[PDB]
Structure formats: structure tokens, C-alpha cells
Chemist: 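Entry of interest: Dihydrofolate reductase complexed with pyrimethamine.
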Amino acid sequence: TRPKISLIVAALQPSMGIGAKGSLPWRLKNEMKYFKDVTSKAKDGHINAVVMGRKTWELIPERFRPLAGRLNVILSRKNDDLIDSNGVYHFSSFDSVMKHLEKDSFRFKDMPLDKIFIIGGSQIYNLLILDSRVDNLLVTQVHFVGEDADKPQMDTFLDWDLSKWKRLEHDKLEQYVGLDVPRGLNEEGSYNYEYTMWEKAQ
Ligand SMILES: NC(=O)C1=CN([C@@H]2O[C@H](COP(=O)(O)OP(=O)(O)OC[C@H]3O[C@@H](n4cnc5c(N)ncnc54)[C@H](OP(=O)(O)O)[C@@H]3O)[C@@H](O)[C@H]2O)C=CC1
Ligand SMILES: CCc1nc(N)nc(N)c1-c1ccc(Cl)cc1
């Protein structure tokens, strides 16, 4: 873990639902902007990585791919740890891409890496949130404020142990992501949402 490793996720409260019928139930435009900005913000000439499971890669519309200005890592158990002509890292485990990045001195095409973001897959989230190299969680806490009868029926969840983590102050979130970040509850449609940061509670 030379660069710091964040698990970045938007989770419905209180049970941390992250998906429904194979996709994301809410469209929150500013949450999107936050995701883009945080995962993209690096020192001049540096870059961040975004690590995702194959199904999340397939959910991303093709006009976004690879996610611009970031090192794309796709995890598939059939991958052969190859980098393609677009620069995308097709690796078979998080452990194997961490070893490869390390022997590269945590550089991508001569660009130092600043942060490594785990952006996706329930499967990937729930494996890696148990990897001790994960240094923090960037959790957008999403709240449904519409009518009970129209609440999303979440079917996939972040199985995270609250007790193993400690929420940090908003100032610490902003210091880490390198950006001013809206504080408190953001509103869009039937949803309220708040940006939060958590570190290990050892
Ligand atoms: N709310 C949020 O912030 C986010 C929500 N989501 C939601 O998550 C859901 C999709 O997540 P999920 O369906 O779990 O798909 P994932 O994106 O986690 O990718 C799953 C794939 O990852 C690969 N994989 C699984 N375990 C391993 C392993 N141990 N080593 C290497 N590769 C592995 C497999 O590909 P193979 O079979 O080829 O090995 C598997 O099919 C959707 O509902 C989406 O909306 C997604 C991202 C963020
Ligand atoms: C912008 C939504 C979003 N917000 C946050 N805070 N984290 C994420 N990991 C994502 C995300 C969701 C679905 C996909 Cl397919 C990719 C990324």
C-alpha cells in the first residue's frame, strides 16, 4: 500500500444497499461529479487508479471507457495480468495487480500513482473490504426520502463491519481527496445524500 487505497461507494441507508436488479437505482448528478472529481484529483503529472470487477466495467457505458485520466484495472478470474493498448490493466486478483504495481514503483506510464480507488462490484467490495491494505472508506450515505411504497428494493449490499471503522471529520475527508466537498445532506429528487470518510478503528 504505498499509494493509499480507498473503497469508494454510494450506499443506501441503513442497510448499505448498493444495487437493485443488476444496476444502480438512483441518478444523483452531483454524486457523479464527486466520484469523477475525487477519483481524478492527483498531483501534476500523477494519476490515480480505479479498480473494478468485470461486471462494473461492463455497466459503464462504452463512451466513458476507459475512465479518462485514471488507471483502469479490471478484475476477472480469467484475466492473464495483461495491459492492453488502451492502458487498461486486466488482472486476475487484487493481490496480483498490487504486486505488479509495486515492482513498477507504483507508476503508470511514467506517472506516479497517488491513490488507488476500489470503485465497484458488490463482489469486489465485499472481498476487498476485508483486505487489510484498504486504508479508508469513502461512503456516500444515501437516504430515500420519498414514499415508502416507491423505496428502491435493494438486493445487493455492502457487507461491512461498522465496528472495524471510525468516521472522520469532514475536514479530514477534504484533506484526503484534495478538494472542497459539499458538507451535510445533498438533495436530488427522492434522495438525500452525504459524503463521508472512514478509517480503520483497530
Ligand atoms: N453503489 C455503488 O457505489 C456501486 C454499486 N454497484 C452495483 O454492484 C452490482 C455489480 O456488482 P457485481 O455484480 O458484484 O459485479 P462486480 O462488478 O463485483 O464484478 C463481478 C465480477 O468480478 C469478478 N470477480 C469476482 N470475484 C473475483 C475474484 N475473487 N478475483 C477476481 N475477479 C473476481 C468476476 O468476474 P469473472 O467471472 O470474469 O471472474 C465477477 O463476475 C450492480 O448492482 C451495480 O449497480 C457497482 C459499483 C459501485
Ligand atoms: C457515481 C456513482 C458512484 N459513486 C460513488 N461514490 N462511488 C462509486 N464507486 C460510484 C460508481 C457506481 C457505479 C459504477 Cl458502474 C461506477 C461507480
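We number chain A the same way the PDB entry does; the residues here are 2-203, in that order. We count ligands from 1, going down the list as the structure has it; atoms in each ligand are counted the same way. We read in the header that X-ray crystallography, 1.7 Å was used to get this structure. What's counted below: heavy atoms across the whole structure, side chains too, no hydrogens, waters or symmetry copies.
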Chemist: Is it possible to name all ligands or chains that make up pyrimethamine, including repeats?
Modeler: ligand 2
Chemist: Could you help me figure out which residues touch pyrimethamine at a heavy-atom cut-off of 4.0 Å?
Modeler: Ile9, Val10, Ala11, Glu32, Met33, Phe36, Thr57, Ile120, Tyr126, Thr141
Chemist: Please identify which atoms of pyrimethamine are closer than 4.0 Å to at least one heavy atom of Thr141.
Modeler: 6 (N)
Chemist: Going by the atom numbers of pyrimethamine, which of them fall below 4.0 Å from some non-hydrogen atom of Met33?
Modeler: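 In order of number, 1 (C).
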Chemist: With the threshold set strictly below 4.0 angstrom, can you tell me whether any protein non-hydrogen atom sits that near atom 3 (C) of pyrimethamine?
Modeler: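 At least one protein heavy atom is under 4.0 Å away.
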Chemist: Under 4.0 Å from any heavy atom of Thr57, which atoms of pyrimethamine are there?
Modeler: 15 (Cl)
Chemist: List the source species for chain A given in this PDB entry.
Modeler: [Candida] auris
Chemist: Looking only at protein heavy atoms, identify the closest one to atom 11 (C) of pyrimethamine and say how far it is in Å.
Modeler: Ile120 O, 4.3 Å
